[PDB]
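Heads up, this one has scopolamine in it.
Count residues from 1 along the sequence. According to its header, the structure was obtained by X-ray crystallography, 1.7 Å. In each ligand, atom 1 is the first atom listed, and ligand 1 is the first ligand listed.
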Amino acid sequence: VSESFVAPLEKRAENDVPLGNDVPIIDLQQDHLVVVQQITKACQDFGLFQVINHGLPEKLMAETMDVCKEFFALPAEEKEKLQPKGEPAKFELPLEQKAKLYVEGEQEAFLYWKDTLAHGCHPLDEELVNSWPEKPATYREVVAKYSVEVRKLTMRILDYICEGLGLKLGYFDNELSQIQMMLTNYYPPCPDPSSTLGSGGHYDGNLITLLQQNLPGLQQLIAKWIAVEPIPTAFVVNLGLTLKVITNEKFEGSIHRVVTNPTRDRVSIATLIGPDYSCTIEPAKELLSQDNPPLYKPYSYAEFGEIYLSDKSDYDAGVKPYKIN
Ligand SMILES: CN1[C@@H]2C[C@@H](OC(=O)[C@H](CO)c3ccccc3)C[C@H]1[C@@H]1O[C@@H]12
Ligand SMILES: [Fe+2]
Ligand SMILES: [Sr+2]
Ligand SMILES: [Sr+2]
């Protein structure tokens, strides 16, 4: 492969990462309190779990994966229409909600073996959807329905989390969940998987992420890496760095990466929900005491975002400047 994609030695993936047998798989059609308790335990101990019987239509999950795969099968001439000034966009602020193709990497500078389609999804209006891909013809109809359903499920999970923490229901149903970025990630086959990464190890910087996958490649850091079993009808829930801060580290964030495959391509669909760039992030005051003093000072989400997107020297580089006590 091109030297551009060669990861530094220490960041390269080992060839035989074991299945995470202890990744919680949570049935949302259990009794209400059982769901609250199992979600709370997974958030406290792991920061990554799967949800099944989650109420989002399996047909809609299949139709969305279909139209996302159809998008990445489009010819160059169509994909150029989402490359500002002839090039993929960068994950840097301002992060606009109009649809673009994105390149990603670390600055021993290297690129991730990944093409990403990203756009905002909330609130859904004519202007936003008109900024989405024109092809395939059904993308806008399908992804509009998908985005509304994934948000519905994410807000249910956040309210289970509220009940587990002892926060009032709807605590996150405000500026803290105003941004909904849908990242469709395309990992083409890689001739040298031993040297490349689909994505380096990271927390998602936002509040919470729901991830739809049907093929292997997602791994979690627990410093042992484990493989997250693809369940095509499930969502992987990744707790974000923002939720780690707001819970005053009562909850773990998900540190995850994606490895490349030499033979087959992979598409994943990540719905990243989190604060507006104008938000102030701090540990929830309702949970603080002399026994539980704040571990972070209040900070600008915009200021955090700039560091999070640029500085990859450590997983929590984004929040290091705001650590106290
Ligand atoms: C692999 N990268 C990581 C970093 C990057 O994430 C983002 O762009 C999110 C989008 O809301 C973001 C969160 C907080 C602040 C700013 C930006 C793109 C992908 C994704 O998995 C994360
Ligand atoms: Fe991620
Ligand atoms: Sr180009
Ligand atoms: Sr347009």
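The parts of the structure that belong to scopolamine are ligand 1. In this structure the chain with most contacts to scopolamine is the one the PDB entry names Hyoscyamine 6-beta-hydroxylase. Nearest protein heavy-atom contact of atom 11 (O) of scopolamine is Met181 CG, 3.8 Å.
Of the heavy atoms in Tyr301, only side-chain atoms (C-beta onward) come closer than 4.0 Å to scopolamine.
Closest protein heavy atom to atom 8 (O) of scopolamine: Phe91 CD2, 3.3 Å. Contact atoms of scopolamine toward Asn206: 13 (C), 14 (C) (distance under 4.0 Å to a heavy atom of the residue). When each atom of scopolamine is checked for a heavy atom of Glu104 under 4.0 Å away, the hits are 1 (C), 2 (N), 3 (C), 4 (C), 5 (C), 18 (C), 19 (C). Listed by number with element, the atoms of scopolamine under 4.0 angstrom from any heavy atom of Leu272 are 9 (C), 10 (C), 20 (C). Other ligands and ions with any atom nearer than 4.0 Å to scopolamine: ligand 2 (FE (II) ION). Applying the 4.0 Å criterion to heavy atoms of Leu95 picks out, from scopolamine, the atoms 8 (O), 10 (C). The proximity of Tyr308 to scopolamine, defined as any non-hydrogen pair under 4.0 Å, is limited to the side chain. At a heavy-atom cut-off of 4.0 Å, the residues contacting scopolamine are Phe91, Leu95, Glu104, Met181, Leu183, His202, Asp204, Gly205, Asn206, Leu272, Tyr301, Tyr308, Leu309.
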